[PDB]
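Written out below as structure tokens is the structure these notes cover.
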There are 2 protein chains.
Amino acid sequence: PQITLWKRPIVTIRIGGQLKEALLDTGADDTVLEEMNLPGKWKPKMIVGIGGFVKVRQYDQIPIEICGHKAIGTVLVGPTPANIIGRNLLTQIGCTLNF
Amino acid sequence: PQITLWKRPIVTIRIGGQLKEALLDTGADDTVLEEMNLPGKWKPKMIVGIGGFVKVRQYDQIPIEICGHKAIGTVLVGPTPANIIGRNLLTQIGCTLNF
Ligand SMILES: Cc1c(O)cccc1C(=O)N[C@@H](CSc1ccccc1)[C@H](O)CN1C[C@H]2CCCC[C@H]2C[C@H]1C(=O)NC(C)(C)C
């Protein structure tokens, strides 16, 4: 698709058989989803947030479908105010910025 | 231009004789710049990021040149981790996400 920016670029994603809404986010390096359980081993991780670091859980090699495009990559889980899809997965689905 | 997302989408911006670098950020509603004195009336504002709120000054009708494109609109000024071009100006320059 082509997604304009008059409104927040939010799309439906599918992960672990669950459907969620997530923000296509070119200013984030990583993909961060709200608190949830995923299958497998995870590592503790700190990401740079407002007023300090935010603690998240890192899951690697997770299949995730983004607006019907398949990715397999790293998903961070934690207390984000919004589900965000970052560059690690935007590149996998062939997403560019254009003007 | 097409901008890929293998690295941070950073571009040169000009505002009023200042020449800075900033992220083209589809995840940001509004444009947020690091320390600079802009002319005109300001209004205090609190804006959400991961891990907390940043207190900013909101200025209206600020010209920024972005990759040779002329934008004019709201600019927020505060302790932001990075200079950010948000949707309010990204739309003005005709920026879309494509995949
Ligand atoms: C999540 C993430 C990573 O995993 C790695 C690197 C950066 C980020 C990251 O937080 N990126 C942000 C840019 S602000 C920024 C922060 C740190 C470094 C560079 C830029 C997002 O693109 C924007 N981010 C998207 C989104 C995040 C969840 C809360 C709602 C918005 C808030 C918005 C935001 O933070 N707003 C500002 C006021 C700071 C502009």
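Chain letters run alphabetically, one per sequence line, in listed order. Sequence positions for chain A are given in the PDB entry numbering; the residues included correspond to 1-99, in order. Chain B is numbered as in the PDB entry, which gives 1-99 for the residues shown. When reading the values below, keep in mind they use all heavy atoms of this one structure, side chains included, and skip hydrogens, waters and symmetry mates. Per deposition record, X-ray crystallography, 2.0 Å. In listed order, ligands and their atoms are each counted from 1.
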- Query: Which of nelfinavir, inobrodib, nilotinib is the molecule at ligand 1?
  - Reply: nelfinavir
- Greatest-contact chain for nelfinavir, named in the PDB entry: Protease
- Item | 4.0 Å heavy-atom contacts of nelfinavir by chain | A, B
- Item | Subset of nelfinavir atoms that lie under 4.0 Å from at least one heavy atom of B/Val48 | 32 (C), 34 (C), 36 (N), 38 (C)
- For chain A, which organism does the PDB list? Hiv-1 m:b_arv2/sf2
- Item | Under 3.5 Å: N/O of A/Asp30 near N/O of nelfinavir | yes
- Item | nelfinavir N/O within reach of A/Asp29 N/O, cut-off under 3.5 Å | no
- Message: Under a 4.0 angstrom heavy-atom cut-off, which atoms of nelfinavir come close to A/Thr80?
- Response: 28 (C)
- Task: Please list the residues near nelfinavir, using 4.0 Å as the heavy-atom limit.
- Result: A/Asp25, A/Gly27, A/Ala28, A/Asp29, A/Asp30, A/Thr80, A/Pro81, A/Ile84, B/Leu23, B/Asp25, B/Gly27, B/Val32, B/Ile47, B/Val48, B/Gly49, B/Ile50, B/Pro81, B/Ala82, B/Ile84
